[PDB]
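Structure showing metyrapone engaged by Cytochrome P450 3A4.
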Protein chains: 2
Amino acid sequence: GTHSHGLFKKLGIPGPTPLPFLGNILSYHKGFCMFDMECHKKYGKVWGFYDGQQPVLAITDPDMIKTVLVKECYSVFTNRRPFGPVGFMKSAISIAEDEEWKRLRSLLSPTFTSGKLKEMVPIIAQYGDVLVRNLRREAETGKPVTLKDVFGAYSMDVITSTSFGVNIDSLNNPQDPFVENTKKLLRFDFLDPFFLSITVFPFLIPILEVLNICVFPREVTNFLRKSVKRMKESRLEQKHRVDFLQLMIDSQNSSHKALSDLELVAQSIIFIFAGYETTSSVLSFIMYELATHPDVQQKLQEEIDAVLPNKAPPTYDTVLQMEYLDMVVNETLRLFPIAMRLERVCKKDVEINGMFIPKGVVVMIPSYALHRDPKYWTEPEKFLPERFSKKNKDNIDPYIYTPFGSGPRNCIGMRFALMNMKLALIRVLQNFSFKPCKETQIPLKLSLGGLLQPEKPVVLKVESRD
Amino acid sequence: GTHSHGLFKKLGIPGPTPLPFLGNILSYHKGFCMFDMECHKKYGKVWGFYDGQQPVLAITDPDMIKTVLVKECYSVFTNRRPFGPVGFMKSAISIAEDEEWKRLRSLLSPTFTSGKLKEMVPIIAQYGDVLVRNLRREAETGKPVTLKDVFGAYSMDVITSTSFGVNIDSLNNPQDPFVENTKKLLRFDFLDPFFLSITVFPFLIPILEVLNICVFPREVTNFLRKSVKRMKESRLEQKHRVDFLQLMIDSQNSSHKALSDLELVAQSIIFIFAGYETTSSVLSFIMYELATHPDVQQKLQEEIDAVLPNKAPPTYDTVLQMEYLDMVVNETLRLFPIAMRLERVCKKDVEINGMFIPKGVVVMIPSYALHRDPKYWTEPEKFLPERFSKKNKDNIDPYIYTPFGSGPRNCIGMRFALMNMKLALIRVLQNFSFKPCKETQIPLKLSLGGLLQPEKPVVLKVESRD
Ligand code: HEM
Ligand code: HEM
Ligand SMILES: CC(C)(C(=O)c1cccnc1)c1cccnc1
Ligand SMILES: CC(C)(C(=O)c1cccnc1)c1cccnc1
């Protein structure tokens with residue numbers, strides 16, 4: 001059971017002492033981040049622990065992080081850690097490995113250029129307006145509002161229209177087929193009973209594969225897989241060139257093997273999976289900060305109105321202008337980096353920056369811990385957007401602050417996500433103010449589980465500026 | 001169950017139609033070779049079948065074989081197929097993979113040069129003489145003799161002295177610790193109940209790994225592992241530079257990481273495993289041919305006496321002189337290539353000689369089938385050493401005849417095995433003649449199992465030329 005539990009004392013690396021079979025996992029009872037902050041305090045700049053028998057080497061030196069994330073990414077640190085029986089989703093770009101990942105990343109990169117994002121702004125923006133109508137009635141009847149649902153509704157609407165050109169009011173059609181299935185594509189909690197069992201019985205993943213058991217619900221994937229083959233074959237026979245689905249079909253008509261029909265479906269799914277709950281999550285987090293910091297919220301309302309007088313519609317170019325807006329988004333992602341950790345598997349035996357790392361270790365960068373480290377962040381607990389002001393932004397290490405990771409395997413959806421969220425916040429603050437309620441959790445607490453989500457759902461009062 | 005059972009009809013490759021879950025394995029009831037000869041007849045030059053869910057692509061074109069075995073060996077076709085829970089023997093060179101194999105092959109290659117083989121001739125040759133004394137009494141009492149045991153005894157004696165400098169008469173000490181354990185290192189029958197179960201439940205290999213269950217008996221490996229660490233640490237404090245163990249310890253004192261103490265032990269074991277039963281097997285096969293072809297046996301006796309008049313001792317240089325001897329050994333290996341198949345896993349998607357081979361297929365070369373194909377071999381069923389005469393040897397394709405495989409991953413022990421066997425045959429035929437018995441199986445039949453061994457053990461009369 002302790003087959004590899006002696007690796008780190010042989011390399012001279014400090015770490016919590018593992019129990020047989022379980023390794024160190026019992027320390028996840030306070031969750032990944034508190035586990036990581038404490039390891040960082042106690043042991044310093046580098047340390048090791050075991051997810052069961054899997055060695056994991058944490059690193060916090062910005063120079064070493066750059067080597068892993070960008071420098072020898074293609075040679076050594078190309079893939080993330082496996083996490084469960086994925087079925088055909090093995091071909092999704094976030095899951096794919098090595099050379100099929102390089103092929104997939106090269107084939108999907110043009111889809112995320114600012115040119116294609118700029119053509120999608122009018123569609124996203126339309127659901128800014130749907131968000132106001134849905135929120136205008138939730139404020140006109142002064143009931144406290146549950147951000148997650150009003151923002152979930154919004155993220156969903158952006159997802160469906162931006163990926164498949166299906167234009168629905170999900171809040172007012174929670175019965176529609178497309179919103180019924182995507183609502184069940186929730187982020188994975190790697191500390192829940194199932195995924196923890198996997199960590200302690202990783203030898204069970206092939207068994208589950210052979211029974212067609214999949215961490216992606218076997219029925220939503222089927223619905224989308226037929227919906228896509230329905231969309232295509234129909235789409236064939238107009239506007240087009242509007243959504244992701246369309247940009248992907250058109251790349252199947254160009255030195256890399258064009259996406260297969262099934263590779264295509266896999267990417268459509270992973271984009272929905274990445275964007276839906278994450279986007280609503282951060283949007284909830286941003287408003288909680290703006291409600292508990294109404295000076296910040298007001299300074300943002302003023303910047304919105306200066307750029308967009310008369311509740312003028314936001315555009316691509318006006319979004320990129322708004323500097324306080326950018327500052328607020330980044331500072332909310334500092335305190336709540338939805339990822340918590342970045343990881344790569346060490347493909348070979350390598351020495352980086354003076355440290356032998358053996359094959360098969362997963363190297364982990366603990367983003368949440370670095371975003372809250374005193375050694376880089378004055379008053380790290382405080383929501384303080386001025387740290388990203390054009391005056392101070394230059395004294396922040398891009399390898400300490402990595403809300404989207406770094407290097408060739410960074411978030412491919414960063415520009416989109418950033419714009420998507422910004423367009424929401426503008427149209428919302430153009431029409432509304434957000435005040436705390438008796439029911440609001442202040443200060444907010446993070447869950448002890450595996451997702452970076454609030455303990456209790458964020459609820460706030462919302463009054464019409466009108 | 002039929003997840004991948006449609007791969008070959010998509011590529012247009014012909015093959016027997018697989019059953020769900022089992023693939024094609026029920027056709028192994030007549031064994032690998034008869035399965036392969038029939039596939040070769042029916043489907044031609046290329047075909048596919050499934051060991052359970054594992055696709056296997058057979059190839060018989062000599063040009064394509066060269067690409068796989070030598071040309072793109074390092075890039076694409078570097079590793080053999082996994083076959084069971086191997087524990088620490090994962091570090092043995094025949095099992096090791098990719099870059100650790102390249103390192104291990106480079107670190108062990110000097111150990112098998114003709115210079116080191118030439119220093120080992122006097123030790124091997126000594127057990128030529130032990131073989132005569134043991135056989136002289138088995139013939140002086142005209143009891144039919146069981147080749148496998150008299151040759152097993154011999155192979156064992158060569159193994160122990162050549163690898164560890166332990167000099168025993170195993171036939172006359174079948175109670176000694178070293179002969180008790182190595183006698184249990186028998187070749188694997190991949191058609192036996194266990195290894196067939198593995199093929200149909202390959203998802204069970206990790207499970208067995210985690211229980212420390214190993215196809216290498218957990219106790220013989222331990223005995224040798226302590227024996228080696230005993231040998232060393234003792235060996236330290238004279239002659240030395242005699243056996244494999246010694247050449248390996250000395251390479252631990254030189255751009256490749258010198259063998260670890262455990263890597264070393266693993267290689268000692270695999271050499272014993274490769275050499276012991278195989279050497280006795282072919283030696284049994286050669287004598288069966290010489291008994292059923294006493295003209296051939298006589299022509300060989302005459303060549304031995306011409307080179308070595310007066311029963312003169314064989315030496316390295318005299319062995320390499322003996323051309324009929326070489327011819328007999330090669331022709332016995334044509335009819336009984338102990339390997340049956342050569343295999344490599346296809347690491348990437350590749351096109352070789354006009355054929356797309358997808359990642360993960362194991363490419364198989366069916367040696368037994370090629371050694372008996374009429375299209376290259378006139379009278380292929382007949383034991384006819386003249387096909388390797390200096391007159392006809394040049395019309396034999398080295399990729400059809402591959403008793404040791406070909407390319408950088410060929411048998412590293414070929415020169416040794418060839419000399420080892422030749423030294424046995426000289427001293428034996430110098431003193432003895434081998435005649436059939438009523439009890440001898442004529443014609444010999446091969447087993448329907450997974451090892452290329454005779455149905456019933458070869459038994460023959462042996463008379464002293466003295
Ligand atoms: C607030 C919004 C988002 C955040 C903070 C975020 C963050 C991240 C992070 C931290 C990673 C790992 C980066 C690394 O390993 O170096 C990642 C990867 C990825 N993200 Fe996002 N993401 C967001 C939204 C999106 C959206 C809207 C998409 C839509 C397609 C998306 C698609 C992906 C993909 C496909 C990957 C894997 C890239 C690869 O392996 O090549 N993300 N993201
Ligand atoms: C009649 C005697 C022998 C025969 C016919 C034989 C045949 C073979 C064959 C057919 C292969 C596979 C080659 C390939 O995949 O291309 C092989 C590999 C190998 N043989 Fe032998 N062998 C014999 C004796 C020995 C002996 C005495 C040793 C002693 C060390 C040995 C060690 C090995 C090793 C280590 C490999 C794997 C090489 C690698 O993967 O780098 N063999 N042998
Ligand atoms: C799950 C997925 C696809 C992922 O690759 C991921 C997310 C955070 C950290 N590491 C990997 C993701 C999820 C949400 C936003 N972006 C990406
Ligand atoms: C089992 C082992 C080590 C092996 O690598 C092998 C043998 C025949 C075909 N393919 C691989 C072997 C066994 C006997 C002689 N040589 C090598």
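Chain identifiers are assigned alphabetically (A, B, ...) following the order of the sequence lines, protein sequences preceding nucleic acid strands; residue numbering begins at 1 within each chain. Determined by X-ray crystallography, 2.2 Å, according to the entry header. Remember, it's 1-based here, ligands and their atoms both numbered in the order they're listed.
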Every instance of metyrapone: ligands 3 and 4
Chains under 4.0 Å from metyrapone (ligand 3) (heavy-atom): A
Residues lining metyrapone (ligand 3), heavy atoms within 4.0 Å: A:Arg80, A:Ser94, A:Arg187, A:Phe273, A:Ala274, A:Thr278, A:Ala339, A:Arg341
For atom 8 (C) of metyrapone (ligand 3), closest protein heavy-atom neighbour: A:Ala339 CB, 3.5 Å
Top protein contact for atom 6 (C) of metyrapone (ligand 3), by heavy-atom distance: A:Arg80 NE, 4.9 Å
Atom 5 (O) of metyrapone (ligand 3): nearest protein contact (heavy atom, Å): A:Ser94 CB, 3.4 Å
Close-contact set for metyrapone (ligand 3) against A:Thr278 heavy atoms, below 4.0 Å: 14 (C), 15 (C)
Nearest-contact summary for atom 7 (C) of metyrapone (ligand 3) - protein heavy atom, Å: A:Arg187 NH2, 4.5 Å
Identity and separation of the nearest protein heavy atom to atom 15 (C) of metyrapone (ligand 3): A:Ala274 O, 3.5 Å
Identity and distance of the protein heavy atom lying nearest atom 1 (C) of metyrapone (ligand 3): A:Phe273 CE2, 3.6 Å
